[PDB]
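The chains are labelled alphabetically, A first, in the order the sequence lines are listed. All residue numbers given for chain A refer to the PDB entry; the residues shown span 21-143, 154-264 in order. The residues of chain B that appear here are 19-265 by the PDB entry count, in order. Below, all heavy atoms of this structure are taken into account, side chains as well, without hydrogens, waters or symmetry copies. Each ligand, and each atom within it, is numbered from 1 in the order the structure gives.
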Amino acid sequence: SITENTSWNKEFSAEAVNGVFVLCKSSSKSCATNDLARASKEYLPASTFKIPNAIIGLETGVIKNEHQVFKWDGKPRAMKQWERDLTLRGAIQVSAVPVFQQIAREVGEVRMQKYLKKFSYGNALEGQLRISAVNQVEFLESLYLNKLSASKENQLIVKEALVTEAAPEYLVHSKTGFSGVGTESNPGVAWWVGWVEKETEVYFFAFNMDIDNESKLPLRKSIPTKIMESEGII
Amino acid sequence: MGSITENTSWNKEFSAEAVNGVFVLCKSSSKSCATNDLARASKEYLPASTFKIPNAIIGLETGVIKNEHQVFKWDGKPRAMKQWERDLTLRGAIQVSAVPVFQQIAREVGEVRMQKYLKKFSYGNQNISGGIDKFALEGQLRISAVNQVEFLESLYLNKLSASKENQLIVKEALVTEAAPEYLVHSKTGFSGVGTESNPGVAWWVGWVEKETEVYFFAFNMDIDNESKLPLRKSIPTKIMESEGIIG
Ligand SMILES: *C(=O)[C@@H](NC(=O)Cc1ccccc1)[C@@H]1N[C@@H](C(=O)O)C(C)(C)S1
Ligand SMILES: *C(=O)[C@@H](NC(=O)Cc1ccccc1)[C@@H]1N[C@@H](C(=O)O)C(C)(C)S1
């Protein structure tokens, strides 16, 4: 059950942004959003696909365990932070695409296909697979509860890998995504998805927006944060 | 672990704050450690609230703690610290260091089961005198800085005598700082003021995952005054900053 909240439309209007935020307490059986229509509309997952990819990599034993080191082959890559040896968390945090391209190559298209169906994930950083903000939140819940078709052990490994902010009374698991600058008529998409544990409570969130100007990128974080802080979540 | 060397240039931070204590830093890839005082690095002290680490692992391995999603319900009755007067998760109870919660956990485990596990963990001098809720805080169990890093490294590598699953749960519950380049797991401890001429102890233990490297650490100091307590963290941080680990 998803319900519409117009009280935050001042932020989207002031920033000239077309996007959607979905935030749920306890269980994804009652969520809130700024745009009902967009909440269920499906966009390219971009780098948020690293989450299911990592689970599948470990399930198939392509990634041997949590302590796996992905050696850099020494060839130039697209960004500097990727030009080094990386751990699972390292590769997820700097978002090193070639590391995860290589994992998926070994997994094979047919195996990946199957597990995705199994996870109810969705319909690459540009392909044929798309996912909604409602879909993302339902998937992240299952991961938190250990409910995915995967060993409990492997879901825990990816759960720790996704930790982005830690405090004595709250913990944040999250991942950004960004498909690239687009046209006014063919815009890119930016993502931030995750969940917050606070007190004995748990909050699931997923945000996306169109992006035709690169400098509008920080708003994928500032807007969801303005909201979540106003709710007393962080 | 593998090797240890005395590095006396760390004593600067110690003399500055008038602190009588020790710091042990180990680098995982090369199995080697550095410390400012070889002798205190080997001396055994009360584990205090660092015992919550083995206590949490055993709590799970025996069914007493059901899983990672269990809530420890407050009865509405006043507790020794304001911080403790609420329902806590496993991470919650560990982060605010809620003594009565882990004492109840210890009670349910039992005398014989608690012994058997500390044996397999190689935890300290292995003794549980005074009562089944007294030994860690003010009893007869003792452990050294060197022993703490050995214990913590086993846990990191999932090598302790428990399920991988359970070792992972406690590992997440111990996360205290998170940046894009590094992640810190840690726990504090503090026995009390003791007396003048017979002080109490304060600990900081953990490990830092950073790049492909991992760094285990343990710190402890003599303490008789509560105002010195922040130093249990500010000194080890200083040492680790100048070595380019955190911050
Ligand atoms: C996931 O989207 C990844 N993005 C790309 O590889 C496309 C791209 C777009 C602009 C510049 C370079 C590459 C990685 N994840 C994002 C993100 O998390 O924001 C990066 C921009 C780090 S690349
Ligand atoms: C672990 O040592 C715990 N310490 C005690 O319960 C002993 C104590 C000392 C003074 C007053 C009351 C109880 C926990 N660790 C410390 C700490 O982290 O500062 C606490 C005082 C929070 S209890």
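The molecule at ligand 1 is the drug benzylpenicillin (bound form).
Bound to benzylpenicillin (bound form, ligand 1) with the largest number of contacts is the chain that the PDB entry calls beta-lactamase OXA-10. Other chains contributing a heavy atom less than 4.0 Å from an atom of benzylpenicillin (bound form, ligand 1): A.
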